[PDB]
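Below is POL polyprotein with ritonavir bound.
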There are 2 protein chains.
Amino acid sequence: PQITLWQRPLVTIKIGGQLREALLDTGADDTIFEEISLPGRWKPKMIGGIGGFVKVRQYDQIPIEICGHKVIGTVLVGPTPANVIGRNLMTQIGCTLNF
Amino acid sequence: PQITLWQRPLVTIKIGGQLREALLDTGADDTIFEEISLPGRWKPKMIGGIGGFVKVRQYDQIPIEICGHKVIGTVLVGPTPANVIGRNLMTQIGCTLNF
Ligand SMILES: CC(C)c1nc(CN(C)C(=O)N[C@H](C(=O)N[C@@H](Cc2ccccc2)C[C@H](O)[C@H](Cc2ccccc2)NC(=O)OCc2cncs2)C(C)C)cs1
């Protein structure tokens, strides 16, 4: 679908059997969630934003259902005031900017 | 323009006679620019993201030229590891997200 930007680009997500809303963020290289339980091993990792750094957990090969689409990729779980879907997943569902 | 997301969505900008490169960021409501010089008086505003918050200067009604499109809007200037064009300016050039 086409998404205008007069409102936050929010999509409904299904991950690890858990439902949540995420922000389609083109300005984000990776995907990050604030509070969801994912199974398996994870690798410590740190990401930076406008505020500073953040210790997150990296999980790979995680099936995520984006707006009705089944995609698999690396998901970061850590302290964030907003759930974000980055370009690492947006390319799998064919997202493109247009103007 | 149709831009895919295999690369960061960067665009060239002419702002206040200065040339910059910015990221088209749908996950940002406001436009943030790291150090540039702008006219007139501002208002000490604070914004947040990953890591925390930051103190910035809020400039209203500043003309920006994105890909040859000239629009006037609010620009925040402050410490930021990357210039960001938010939704406040992206709606001006009719930029949509498609997939
Ligand atoms: C509370 C919540 C419901 C919301 N608040 C807001 C309003 N706010 C504050 C913003 O839009 N703030 C913007 C912002 O940081 N947006 C962010 C999303 C976000 C929003 C709110 C809270 C936390 C993160 C999204 C932006 O694309 C930035 C851009 C960027 C990239 C490199 C270096 C610096 C900056 N992205 C990141 O910092 O991404 C970090 C990463 C996560 N995974 C991989 S990198 C500013 C640039 C203005 C929107 S949703």
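As listed: the chains are lettered in turn, A, B, ..., one for each sequence line. Using the PDB entry numbers, chain A covers 1-99, in order. Here chain B follows the PDB entry, giving residues 1-99 in order. Counting starts at 1 for both ligands and their atoms, following the listed order. Quick note: numbers below take in every heavy atom, side chains included, and nothing from hydrogens, waters or symmetry partners.
- Other chains reaching under 4.0 Å from ritonavir with at least one heavy atom: A, B.
- For atom 21 (C) of ritonavir, the nearest non-hydrogen atom of the protein is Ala82(A) CB, 4.0 Å.
- For ritonavir and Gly27(B), the ligand atoms under 4.0 Å from any heavy atom of the residue are 11 (O), 16 (N), 17 (C), 18 (C), 25 (C).
- Ligand-side atoms of ritonavir in range of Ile50(A): 15 (O), 35 (C), 46 (C), range being under 4.0 angstrom from any heavy atom.
- Listed by number with element, the atoms of ritonavir under 4.0 angstrom from any heavy atom of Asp29(B) are 6 (C), 7 (C), 11 (O), 49 (C).
- When non-hydrogen atoms are compared, ritonavir lies under 4.0 Å from the backbone of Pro81(A) as well as from its side chain.
- Each of the following atoms of ritonavir lies closer than 4.0 Å to a heavy atom of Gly48(A): 38 (O), 40 (C).
- Using a 4.0 Å cutoff on heavy atoms, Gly51(B) does not count as a contact of ritonavir.
- Of the candidates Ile32(B), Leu76(A), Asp25(B), the one placing a heavy atom closest to atom 27 (O) of ritonavir is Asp25(B).
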